[PDB]
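Structural view - salicylic acid in its complex with multiple antibiotic resistance protein marr.
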Number of protein chains: 2
Amino acid sequence: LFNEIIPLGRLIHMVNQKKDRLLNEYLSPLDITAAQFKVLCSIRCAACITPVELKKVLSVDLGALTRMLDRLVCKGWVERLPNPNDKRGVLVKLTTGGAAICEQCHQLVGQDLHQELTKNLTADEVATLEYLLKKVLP
Amino acid sequence: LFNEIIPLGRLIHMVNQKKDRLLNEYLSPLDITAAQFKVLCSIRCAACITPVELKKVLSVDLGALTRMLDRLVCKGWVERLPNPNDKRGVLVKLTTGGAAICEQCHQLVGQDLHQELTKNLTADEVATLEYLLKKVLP
Ligand SMILES: O=C(O)c1ccccc1O
Ligand SMILES: O=C(O)c1ccccc1O
Ligand SMILES: O=C(O)c1ccccc1O
Ligand SMILES: O=C(O)c1ccccc1O
């Protein structure tokens with residue numbers, strides 16, 4: 001692995017891959033799926049967002065989103081309200097319980113990933129990788 | 001950005017995000033979508049793969065995959081064959097043309113991303129980021 005020249009793009013891929021695999025593994029015992037968790041974190045950040053805008057942010061099939069949003073409402077984690085800047089549409093936001101669920105999860109997974117991801121590079125120091133990864137964003 | 005302590009997980013996220021955004025931007029002028037490209041690269045690597053296995057590898061709604069696979073067949077990029085280790089199922093593989101399309105794209109995007117992603121950290125040296133990113137995989 002350290003004897004092969006793998007281009008950054010693929011490495012970022014492989015690592016994101018791993019990151020998600022760990023995520024699924026951490027949510028495996030909980031009554032919620034990785035996808036449901038992602039949809040909650042995305043609606044949260046935006047406070048209120050349209051399903052279509054949410055559809056664009058997640059890069060997902062609209063059909064699967066609709067069923068997804070309905071499942072989330074059934075779980076009492078999401079609710080729909082009229083869109084002010086419109087009238088033919090709605091917005092979806094988290095219900096109080098949904099918000100709590102999203103925070104219980106966000107905290108736990110965030111505490112297991114950091115460890116697992118940093119489990120062996122710590123010496124080289126997460127701060128350095130983080131530093132260089134920032135130089136890629138602007 | 002360099003004055004805020006953003007945890008690795010989110011940074012990897014934000015960066016993968018960026019990476020995909022560039023991808024969409026590079027394929028924007030071509031008659032193909034990022035999702036179609038991903039499905040082609042995934043089938044390729046595996047040589048031959050079942051739709052369900054492909055469904056698992058991509059983490060996508062089966063419904064959107066089915067329509068996706070049909071669209072790809074219409075474009076002449078993918079073809080279905082009987083699954084040997086089964087008999088009630090099929091495998092999907094790329095057609096010769098599909099293979100070429102996947103290579104024309106893989107080469108171009110791979111040549112624009114490397115540059116764009118490395119556009120400003122080059123000094124710090126992509127090799128270092130790549131090194132540390134590897135220490136995260138095992
Ligand atoms: O679930 C909805 O209310 C919805 C509304 C508009 C477009 C896509 C959707 O899933
Ligand atoms: O409806 C869901 O719970 C769901 C969960 C994971 C992926 C796609 C989905 O529609
Ligand atoms: O497209 C198919 O042939 C297919 C077959 C089995 C399961 C999901 C699928 O999309
Ligand atoms: O069928 C497609 O071309 C397609 C493209 C991007 C995302 C989902 C899809 O089904």
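In what follows, every chain begins at residue 1, and chains take the letters A, B, ... in the order their sequences are listed. Computed from heavy atoms alone, side chains included, the values below leave out hydrogens, waters and symmetry copies. Atoms within each ligand, like the ligands themselves, are counted from 1 in listed order.
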In this structure, which other chains have a heavy atom at a distance under 4.0 Å from salicylic acid (ligand 4)? B
Taking heavy atoms under 4.0 Å, what residues and nucleotides bind salicylic acid (ligand 4)? B:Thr33, B:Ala35, B:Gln36, B:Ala64, B:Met68
Just wondering: what's the UniProt domain of chain B where most contacts with salicylic acid (ligand 4) are? HTH marR-type
Would you check whether B:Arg67 has a nitrogen or oxygen atom less than 3.5 angstrom from a nitrogen or oxygen atom of salicylic acid (ligand 4)? no
Looking only at protein heavy atoms, which one is nearest to atom 5 (C) of salicylic acid (ligand 4), and how far off is it? B:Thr33 OG1, 3.2 Å
Protein residue, atom and distance nearest to atom 10 (O) of salicylic acid (ligand 4), heavy-atom basis: B:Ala64 O, 3.6 Å
Starting from atom 4 (C) of salicylic acid (ligand 4), which protein heavy atom do you reach first, and at what distance in Å? B:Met68 CE, 3.6 Å
Please list other ligands or ions under 4.0 Å from salicylic acid (ligand 4). none
